[PDB]
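What follows is one structure encoded as C-alpha cells, with my remarks underneath.
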Amino acid sequence: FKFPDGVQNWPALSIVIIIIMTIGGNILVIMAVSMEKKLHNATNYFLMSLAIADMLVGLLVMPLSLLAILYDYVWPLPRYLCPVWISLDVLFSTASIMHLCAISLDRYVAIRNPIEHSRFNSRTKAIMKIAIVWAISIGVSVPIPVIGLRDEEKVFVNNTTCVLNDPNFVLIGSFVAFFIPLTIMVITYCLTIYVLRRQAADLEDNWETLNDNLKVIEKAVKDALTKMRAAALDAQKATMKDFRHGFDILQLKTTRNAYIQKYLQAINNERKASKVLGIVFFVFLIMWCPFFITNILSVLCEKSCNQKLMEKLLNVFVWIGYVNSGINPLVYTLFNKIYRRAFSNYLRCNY
Ligand SMILES: Cc1nc2sccn2c(=O)c1CCN1CCC(=C(c2ccc(F)cc2)c2ccc(F)cc2)CC1
C-alpha cells in the first residue's frame with residue numbers, strides 16, 4: 001500500500017478526488033436522513049442504507065482499485081487480500097442495484113393492492129426490507145472468498161492482476177446480481193408511473209377544466225360558468241368526507257386555494273418523487289451498461305475478438321460505474337430542497 005517504491009502510474013493518484021467526493025457526498029446523505037425529521041420515512045431510509053453502500057464503495061472498493069492502477073494492475077498487496085476485495089466489490093455493488101430495485105418494487109406494491117398496513121409501522125417495515133437486500137447481497141458475495149482462496153486462478157489473471165476470472169460465476173451471477181434486479185426495477189418503475197398517471201388524470205382533467213374555464217371569466221360566460229360546475233361534478237366522484245362535499249359549495253378562486261390545493265400539491269408531490277427516482281434509476285442503468293455490455297460481449301465471442309481491447313475498455317468502464325456511487329447525493333441536492341438545504345448547512349455550520 002504505497003511503498004511507494006514500484007509505482008508506475010502517478011497521475012492516476014488524481015482519482016483520489018473521485019474517492020473523496022464519493023465518501024463525503026454519501027456521508028452528507030447519512031447525516032441528512034439521520035437528522036432531518038421531514039426525511040424520516042421508508043423511501044428515505046432506503047436512500048440512507050444505499051448511501052452506506054455507496055460510501056463503503058468509495059471507502060473500501062475504490063481505494064484498492066486505484067492502488068492496482070498505480071502499479072499497472074500488478075497486485076501490490078498480499079495475495080489473500082485480493083479475493084477479500086473482490087467480494088467487497090461484489091457485495092456493495094449488488095447492494096446498490098438491490099436497493100434501487102427494492103425501492104421501485106416497494107413503491108409499486110404500495111400502489112397495487114394498497115391494503116391497510118395493519119401489521120407493522122412504516123419505519124420498522126423498512127428495517128426488514130433493508131435486511132433482505134443486505135441478506136441477498138452478502139449471499140452473492142460470500143462464495144467469492146471461498147472460490148478465490150481455494151483456487152487462486154479464479155481471481156488472478158496471468159498470476160499478477162487481481163480480477164474475477166470464474167466464467168460460470170460471472171455469468172450466472174451477472175443475472176442474479178444485475179440483470180434480474182435491473183429487469184424488475186425497470187418494469188416496476190414504468191408500471192408504477194403508468195398507474196400513477198391514470199389515477200391522477202382523473203382529478204387533474206377535472207381540475208384543469210375548472211381552472212381553464214376560470215380564465216375565460218377573466219378574459220373577460222353562461223356556458224363557461226356551467227363548464228366549471230360540470231368539472232367539479234366529475235371531480236367529486238373520485239379522490240376524506242370533507243373532499244366530496246368540499247367541491248359542492250364552490251370569488252371562486254378562494255375555494256380552490258382553501259381545500260383543492262391540499263390534493264393538488266399531493267399529486268404533484270408524487271409526480272416529483274417519480275421524477276427523482278427515474279433519474280436515479282436510469283442514470284445507474286446508463287453508467288453501468290458500458291461495463292456490463294462490454295463484459296457480456298466479451299464472452300459471446302470466446303475467440304475472434306480483440307480480448308486485449310476489451311480489458312482496456314473495461315479498465316475505464318468500471319470507473320464510469322464506480323463514479324455512480326457519488327452521483328446520487330448530487331441528484332438529491334438538485335431535486336429536493338430538504339437535502340440541498342441540509343447539505344449546505346453541514347458543509348458550513350459543521351465543516
Ligand atoms: C474493479 C474492476 N476493475 C476492472 S479492470 C477490467 C475489469 N475490471 C473489473 O472487472 C473490476 C471488477 C468490477 N466489478 C464491479 C462490481 C461487480 C458486480 C458484479 C457482481 C456479481 C456478478 F456476477 C457480476 C457483476 C456488480 C456491478 C453492478 C451492480 F449493480 C451489481 C454488481 C463485480 C465486477
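Sequential numbering from 1 along the given sequence is applied to the chain's residues. Going by what the header records, the deposited coordinates were determined by X-ray crystallography, 2.7 Å. Ligands are counted one by one from 1 in listed order, and the atoms in each one are counted from 1 as well. In what follows, every heavy atom counts, from backbone to side chain, and hydrogens, waters and symmetry copies are set aside.
The drug at ligand 1 is ritanserin. Against ritanserin, the chain with more heavy-atom contacts than any other is given by UniProt as 5-hydroxytryptamine receptor 2C. Chain A, UniProt TM segments numbered from the N terminus, heavy atom closer than 4.0 Å to ritanserin: 3, 5, 6, 7.
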